Amino acid sequence: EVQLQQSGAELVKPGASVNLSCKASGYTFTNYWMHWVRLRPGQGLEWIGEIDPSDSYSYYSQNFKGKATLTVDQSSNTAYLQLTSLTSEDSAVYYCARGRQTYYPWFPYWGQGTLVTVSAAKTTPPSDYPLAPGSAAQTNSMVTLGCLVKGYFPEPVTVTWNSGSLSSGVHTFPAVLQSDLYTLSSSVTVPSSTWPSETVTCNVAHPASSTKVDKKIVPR
Amino acid sequence: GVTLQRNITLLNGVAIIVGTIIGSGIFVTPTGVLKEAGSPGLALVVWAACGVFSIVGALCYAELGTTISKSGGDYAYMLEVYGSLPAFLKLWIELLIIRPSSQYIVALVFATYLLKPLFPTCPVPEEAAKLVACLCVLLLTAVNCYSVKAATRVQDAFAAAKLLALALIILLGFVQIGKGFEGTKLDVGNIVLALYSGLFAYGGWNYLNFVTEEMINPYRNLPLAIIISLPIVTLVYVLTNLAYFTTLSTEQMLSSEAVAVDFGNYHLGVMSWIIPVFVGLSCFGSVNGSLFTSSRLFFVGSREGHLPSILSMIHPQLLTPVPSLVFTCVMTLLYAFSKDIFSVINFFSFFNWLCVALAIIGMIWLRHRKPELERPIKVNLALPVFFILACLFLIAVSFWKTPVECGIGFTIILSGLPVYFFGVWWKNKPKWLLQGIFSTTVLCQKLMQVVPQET
Amino acid sequence: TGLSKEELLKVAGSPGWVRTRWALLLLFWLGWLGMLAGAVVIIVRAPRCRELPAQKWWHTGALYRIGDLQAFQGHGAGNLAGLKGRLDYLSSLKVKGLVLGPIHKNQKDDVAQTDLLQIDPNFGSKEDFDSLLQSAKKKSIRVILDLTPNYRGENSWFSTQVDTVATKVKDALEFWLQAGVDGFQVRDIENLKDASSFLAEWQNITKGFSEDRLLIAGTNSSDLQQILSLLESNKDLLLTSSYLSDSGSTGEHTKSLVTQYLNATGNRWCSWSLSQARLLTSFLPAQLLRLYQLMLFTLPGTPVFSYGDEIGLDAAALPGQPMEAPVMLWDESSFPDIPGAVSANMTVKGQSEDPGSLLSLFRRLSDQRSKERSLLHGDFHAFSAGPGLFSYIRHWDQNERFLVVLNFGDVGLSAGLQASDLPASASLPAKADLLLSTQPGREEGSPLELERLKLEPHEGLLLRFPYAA
Amino acid sequence: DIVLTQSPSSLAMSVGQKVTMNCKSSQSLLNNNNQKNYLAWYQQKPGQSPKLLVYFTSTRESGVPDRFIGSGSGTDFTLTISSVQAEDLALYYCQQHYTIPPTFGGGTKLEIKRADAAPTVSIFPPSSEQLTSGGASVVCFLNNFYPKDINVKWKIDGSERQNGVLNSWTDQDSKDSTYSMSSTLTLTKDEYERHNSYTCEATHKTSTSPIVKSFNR
Ligand SMILES: Nc1cc(COc2c(Cl)cc(C[C@H](N)C(=O)O)cc2Cl)c2oc(-c3ccccc3)nc2c1
Ligand SMILES: *[C@@H]1O[C@H](CO)[C@@H](O)[C@H](O)[C@H]1NC(C)=O
Ligand SMILES: *[C@@H]1O[C@H](CO)[C@@H](O)[C@H](O)[C@H]1NC(C)=O
Ligand SMILES: *[C@@H]1O[C@H](CO)[C@@H](O)[C@H](O)[C@H]1NC(C)=O
Ligand SMILES: *[C@@H]1O[C@H](CO)[C@@H](O)[C@H](O)[C@H]1NC(C)=O
């Protein structure tokens, strides 16, 4: 195993700094340099810079020089990217990446991205509302169930059904942003034998305000 | 009553010429001739060659200054031939650029080399070097206000220091022989730049002419002070070059930025500092000779009406041209502001030789036009024509070395035309100028107690 | 005009103006004396120069070893009077030295038939040797002679009775100094028992003759500790070694091999070399030859090349010849045993013409290291300039400062230098003058923006910049 | 810096077929000294990190299926997939590694073509808990169709609704290559009270007539 991992989500009020953080595992941390890359939506990847854990030297693209600041902590295998003066157009996903050879830039191992949103609008935990078919529900052999997620913030909310057990036949629709709050919905389809007979829950989860909620889909 | 009296005896006339020829040049310029000659043999030949060329030129000025006894020297000889405007265009460049830059440059060489043994391995502090240049220029324009006998006793002293330093250099050279031609850049295009880079070290031989009018006996002593000096200089130069080649290898002279100091380090050890100090005191002599001579050029320029009348005035109890001196000092110190300086002189590489060529062309035309004018010296016409022909070639070489910079110089010469038309052709007609000119003039006369000279 | 004589005198007389003239006299002299005190103040309250450390000839630039006079020349001409012909080349390389690989009468593995004093007559006569040596003095190339005893054999000190062999050397050094050589090379000191003691004796013999003679030891070793032990007791010994040889073969270790060794020795004098005998091209792959020549000429210490390093000679390129002694390629004739195998660009003649050639880089660097006070004996400060880069500044008290930037890794940089943590005395400028690059297509002489510079893979730069008070 | 143009920006292709990405660099990425070409291809599936496919133009990473073949030299480079699987829909980026900092292409969106299929349409009356809020949201799900183009009519007691309607499509499902879409209508409680019959009807190119679902509160 080699595995980098990162915090899920960060909200930044415009102009403030943020720390994005990346813990390595599965290798001798000082042997390999750590790179930070970014992905602006609809605009392609961009590389920030890299840091050497053996002496804290770091090298940065011309676009980030002085705007970024990498450091490192050898005691925990953690690398930290500080970013500063963040504007709305610096909202992005920030990825921590490891090289193959000692510093050369091609990236076999990436951490799952930290989604950085830059907005003055406040953190807002989600409101979850289950959906059940109502009239003529059991007249068909397969039945669909749903979970509206409304008025939440920031962007990353996750849905899994029955604690990830119903990983087959789930559709979760991308979020819609309205009046500076997000709306999303998730859906699953099960045998008509299952739904009235068994537990069904959308296990909605929100990294940026720590709320975890398991609404049961109960008939009308 | 009041005039510039005839103070300059023959040996002081030899001081004014040897003091301003020997310069800084021989102690730092050998490198320039080896760069274009390659070979100690070809080098030591072009040193002799531009020596005899310089003697031939000086013999034309030894003629001219007995035919025309005015102290305008190189300027007067143009005025008496080409008339008002050509003479002014010279005096403007001399006033604005050549004399104050020259005076400053050589003072800064005085400052740096006199300080150098406190700072052997590194730069002498620049804010100290510019003060010690300014203290020098200020002191010598004080001395040349106090008495021409003091001025010429100063240049006797420092002309002696210079030749003593070269004798010491030559002697150690022969001592090194007593203790027991090469690869030549034989292209004519190399040789000509060797010769043209060597002629700078003789530049100065015309300076006696600007003090013709203060010689005790000009018709004898002005040609004699030339012939008593330039052959002496030429000998001392070829012997001094010979001395360096006994001690510094060609590679070392091609790559040492103060040739005499390396020769000092090799021979004198703990006492090496003597040679830097002699290069310094050597340059002091050249500032004095230049300030002296230069004050007379502007004096004459004002007497002939080319230049504002205050500069003609003399101090009655000391008989020194105090407003011309004071002007010359101030115009020198105004070059102390400039972050670069040699460039402004390099713009006029051609100008010295051009004026010399025009003077001796003048001497040809003056022999055709007025054979009846008195001539205690009458040189065989071969020498003037040879010397002219040679200068017209060197003027072209001076351009061909850097065709941009001689163009910049030629552009600045035309700055003389605005000033000539405003200062001479316009007759200063507006009363708000004319009354202010007068008011300023009478203030200066009052302020330092000076009066016009009497014919 | 203005006032007449009489008119000016009568008005000037007024006590007010007489006092004004007296005031301004006094004022002027006061101002000049103020300036004199001021300039004396500046001269005293200003930083002094640092005394130049006394420099033996071997500080002043590169040595140059000739392990076999025959292989350097081609046969027949393979004698000392042949070498006397070549010194104009060497003088063009600006090599302040030579090392003639052993010329003494050695019979292979025979301790008794070998002598270190009589020369092996194949190479000429002592009358030739002196003729050379006097020419070399005349041309400013000091000459060292190599005294390693059994040089035609397997083990250079023989297997047996080593104290008799050391006794041969002890006598030899005296004779050859009296003959007028400037120093001695000895090799394979890992094959010498009690090595440190014999080096100490021979060093004492040499310095006891005169202060301007040296003993160059050499070892097959690449161990930092073994080398530091041979350099412990002997303090003005150059000791060439394999220590830089194990470079990682895309340079990657070198920033670290070099800065450990400087640190460990305490920045004494050193001799950089990739070996005691073999060519640079015995170790380096040929994209790094330029990059190493930039580095060997600009570290603190006396670099050392084997013959033909200056042209990137390689024993493998013309097959069959021994890796001990490859035939030097002067011109297209020089290896006639397989004619047509020599390309023009592989030869001295073929490089001498071409500003891009390896020998045009060697010649150029040799100049800088032998004239510029900063490379001649300045300090050295490494710093982290960039990912691959080994980068460092050479400097001396106020003279020109030289930043070297070697891109050892195979990936170009696209984002400038970006120096972390320079010494406060040695801070980088905003821009510096490119004095040369390892690569073509550069604006040599021009100032570069260090924050926006772009090195190619393997591009080294030599930047020159002026001092700051 | 170097710049990498990439094309086409979209590459819709059918399962089993061969496909080609082009990448085009503003300098050469052949290293003369070493005779290899510095480029890499990364696949980024929807909702995941980049995975490295090939580097130095051709060298497959371990754990990469051998249907990815990379090729080219100088400045014309191509990643090819010999026989596209349903699991391969992604954005693909080229990256140079001839200089650090590196730079990337704007990426090719691979899309899958399949036999067209009509949406499963379902409509969900407002959640009884939501009715506490003073608002209500009616939701219509359209599942497992192809191609992406679709439209929805909301009818409320027969009146057509065009204010306060929102839509979201999924990215195309890697198991079956179908799209799905959610449509949402948000009402005040009193706006949900005053009207009785709610209809979602969907027009998709597989049927002349719209598909319909509805409920009466
Ligand atoms: N037209 C013109 C005329 C003169 C006056 O004539 C010369 C004198 Cl007065 C002295 C020297 C140098 C002297 N021979 C020495 O040894 O330093 C050369 C010339 Cl051309 C100039 O001087 C200089 C000069 C003098 C000292 C340092 C640097 C430059 N530039 C000149 C340009
Ligand atoms: C070696 O030389 C040093 C002086 O450089 C001296 O102190 C020492 O006694 C000498 N030893 C021998 C044995 O010559
Ligand atoms: C160096 O010499 C030692 C001792 O003979 C030997 O063991 C070692 O292998 C040698 N190494 C090289 C690189 O010649
Ligand atoms: C080597 O360099 C380090 C740099 O921090 C220094 O602390 C150390 O004293 C030096 N010397 C040795 C022998 O490690
Ligand atoms: C020299 O020229 C040859 C022939 O064109 C070429 O193959 C080679 O790469 C060049 N370089 C060297 C060092 O041989």
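Chains are designated A, B, ... according to the position of each sequence line. Since chain A takes its numbers from the PDB entry, the residues it shows come out as 1-220. Numbering, chain B: per the PDB entry, residues 43-222, 233-507 in sequence. By the numbers in the PDB entry, the shown part of chain C spans 162-630. Chain D is numbered as in the PDB entry, which gives 1-217 for the residues shown. Order of listing sets the numbers, starting from 1, for every ligand and every atom in it. When reading the values below, keep in mind they use all heavy atoms of this one structure, side chains included, and skip hydrogens, waters and symmetry mates.
The chain that ligand 1 touches most here appears in UniProt under the name Large neutral amino acids transporter small subunit 1.
With nanvuranlat, namodenoson, pemetrexed as options, the drug found at ligand 1 is nanvuranlat. Using a 4.0 Å cut-off on heavy atoms, the other chains next to nanvuranlat are B. The PDB records the biological source of chain B as Homo sapiens. UniProt's transmembrane segments of chain B, taken in order from the N terminus and checked for a heavy atom under 4.0 Å from nanvuranlat, yield 1, 3, 6, 10.
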